[PDB]
Each structure stands twice: as C-alpha cells, then as structure tokens.
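Quick look: nelfinavir on Protease.
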There are 2 protein chains.
Amino acid sequence: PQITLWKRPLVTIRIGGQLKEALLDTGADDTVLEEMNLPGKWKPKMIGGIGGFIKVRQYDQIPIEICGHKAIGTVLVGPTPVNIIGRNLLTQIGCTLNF
Amino acid sequence: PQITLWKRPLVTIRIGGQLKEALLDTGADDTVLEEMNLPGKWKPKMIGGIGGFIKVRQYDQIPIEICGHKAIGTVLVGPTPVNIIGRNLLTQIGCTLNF
Ligand SMILES: Cc1c(O)cccc1C(=O)N[C@@H](CSc1ccccc1)[C@H](O)CN1C[C@H]2CCCC[C@H]2C[C@H]1C(=O)NC(C)(C)C
C-alpha cells in the first residue's frame, strides 16, 4: 500500500501471534517495542533519541508481521510510549519513501 | 525520487541560504534542526521523544527547500543529534511511504 503522512503512519503488526499498533519510522535505525515479556535470551542495550538514551532489551531473530508482510530480525523492548518499526524491518518489507 | 532504507534517508536541505544534511523522518511529527540562527520571532516550546523532553525554539513560516522541493512551515531549533524533517514538511513535499 501507499501511506500518506497527514497522520502518524500507524499500522497493525503481529508479534508472538499478538496484534499491536506500531509506527512506520524511517528516522529509527532500530525497531523498538513497548514493554512486553518476550521469551528467550536478550542483551542489554542503550539507544538514543531526542531527549536522551533509554535502556532496552535486544531480542534477535524475532518473527514479526507488519501490515501483512512477514519479517524477522532484531527487536528492542523497553519503555517507549509508541511501538516503532525502524529501518531494519522496513527494508525487509520493501518499504520506500517517495516524492 | 524513490528512497530505500538500507541507509539513513539523509538529503540536502537549503534553509536561510545555508546547506545542511537532514533526515527524512516519518516517525517525527515536527521538524527539528540543530542549533542555528534563523530570522524572525521564535517562541519557547518543549517536544518529546524516546529519551524524554527537550527545550526548542519554534520558528513559524520558514522556507526550506528539501531535496529540491519547496516547503514553508514550522521549524524547531534545539539540541538534536541530527537534523530531522518531520511530517509537517514531508506532507508539503508530497512524501509518502510505499511497500
Ligand atoms: C528509536 C530510534 C532508534 O532506535 C535509533 C535511532 C533513532 C531513534 C529515534 O528515536 N529517532 C527519532 C528521530 S530523533 C533522532 C535521534 C537521534 C538520532 C537520529 C534521530 C524517531 O524517528 C522519531 N520519534 C519517533 C517516536 C520515538 C518514540 C517516542 C515518540 C516518537 C518521537 C519521535 C521524535 O523523536 N520526534 C521528534 C518530533 C521529537 C523529532
């Protein structure tokens, strides 16, 4: 599909077969999800945005479907107010910016 | 153009007759530029991101040419690691997400 930017580009994602609303974010290098108790090993990480750094848990090779398109890769979990789909997964679904 | 996301979507902007690199950021509502002088009145504002809130200066009605496309709108100036072109100006240049 084509998504305009009049509003926040929010789409449904599926992770663990669970559905969430998430922001398609070309300005994020990484995918960052709201606190969730995901199974498996993880590694501590820090990521910086506007305002400073937050601590996140890095989970690798996690399947996640974005607007019906399958993806698998690294997902960071931490205290974000919004689920963020970053470039690592946006490339996997063939997402582009066009003007 | 069509821009893929294997690298950060950085483009050259021209603002106040000066060239800068800025990030095309669909996850940002607002446009936020690194410390710089812009003419005209500004007002103090606060904006929030992943790491928390920052203080910015809000300049309204500011011409910016983004990768050859003209916008005139609100530009926030403050402590950011990267120049960010947000949805307020991405919409003006006809930018969409596509997959
Ligand atoms: C989440 C993330 C990563 O995993 C890796 C790199 C950057 C980011 C990141 O937070 N990037 C942001 C741009 S600000 C930015 C800061 C530093 C470097 C590059 C960009 C997001 O694209 C936009 N970001 C998306 C989103 C992040 C969660 C909080 C709510 C919004 C806040 C919004 C944002 O910050 N908007 C402003 C108007 C304040 C600019």
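Chain letters run alphabetically, one per sequence line, in listed order. Just so it is clear, chain A uses the PDB entry numbers, and the residues here are 1-99, in order. The numbering of chain B matches the PDB entry: 1-99, in order. According to its header, the structure was obtained by X-ray crystallography, 2.0 Å. Ligands are counted one by one from 1 in listed order, and the atoms in each one are counted from 1 as well.
Every other chain with a heavy atom under 4.0 Å from nelfinavir (ligand 1) is listed here: A, B. Under a 4.0 Å criterion applied to the non-hydrogen atoms of B:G49, nelfinavir (ligand 1) contributes the atoms 29 (C), 32 (C), 35 (O).
Every atom of nelfinavir (ligand 1) with a heavy atom of A:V32 under 4.0 Å away is listed here by number and element: 1 (C), 4 (O). Any N or O atom pair closer than 3.5 Å counts here, and A:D29 shares no such pair with nelfinavir (ligand 1). The B:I47 neighbourhood of nelfinavir (ligand 1) comprises atoms 39 (C), with distances under 4.0 Å to a heavy atom of that residue.
Ligand-side atoms of nelfinavir (ligand 1) in range of B:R8: 18 (C), 19 (C), range being under 4.0 angstrom from any heavy atom.
Of the protein's non-hydrogen atoms, B:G27 O, 4.1 Å is the one closest to atom 31 (C) of nelfinavir (ligand 1). In terms of N/O distances under 3.5 Å, nelfinavir (ligand 1) is approached by A:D25.
Those atoms of nelfinavir (ligand 1) with a heavy atom of A:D30 less than 4.0 angstrom away are 3 (C), 4 (O), 5 (C).
Of all protein heavy atoms, the one closest to atom 15 (C) of nelfinavir (ligand 1) is B:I84 CD1, 4.1 Å. Counting atoms of nelfinavir (ligand 1) from 1 in the listed order, those under 4.0 Å from a heavy atom of B:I50 are 1 (C), 28 (C), 29 (C). Per the entry, the source species of chain A is Hiv-1 m:b_arv2/sf2.
Checked against a 3.5 angstrom limit, the closest N/O atoms of A:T80 and nelfinavir (ligand 1) fall outside it. Atoms of nelfinavir (ligand 1) lying under 4.0 Å from any heavy atom of B:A28, numbered from 1 in the order shown and given with element: 23 (C), 36 (N), 40 (C).
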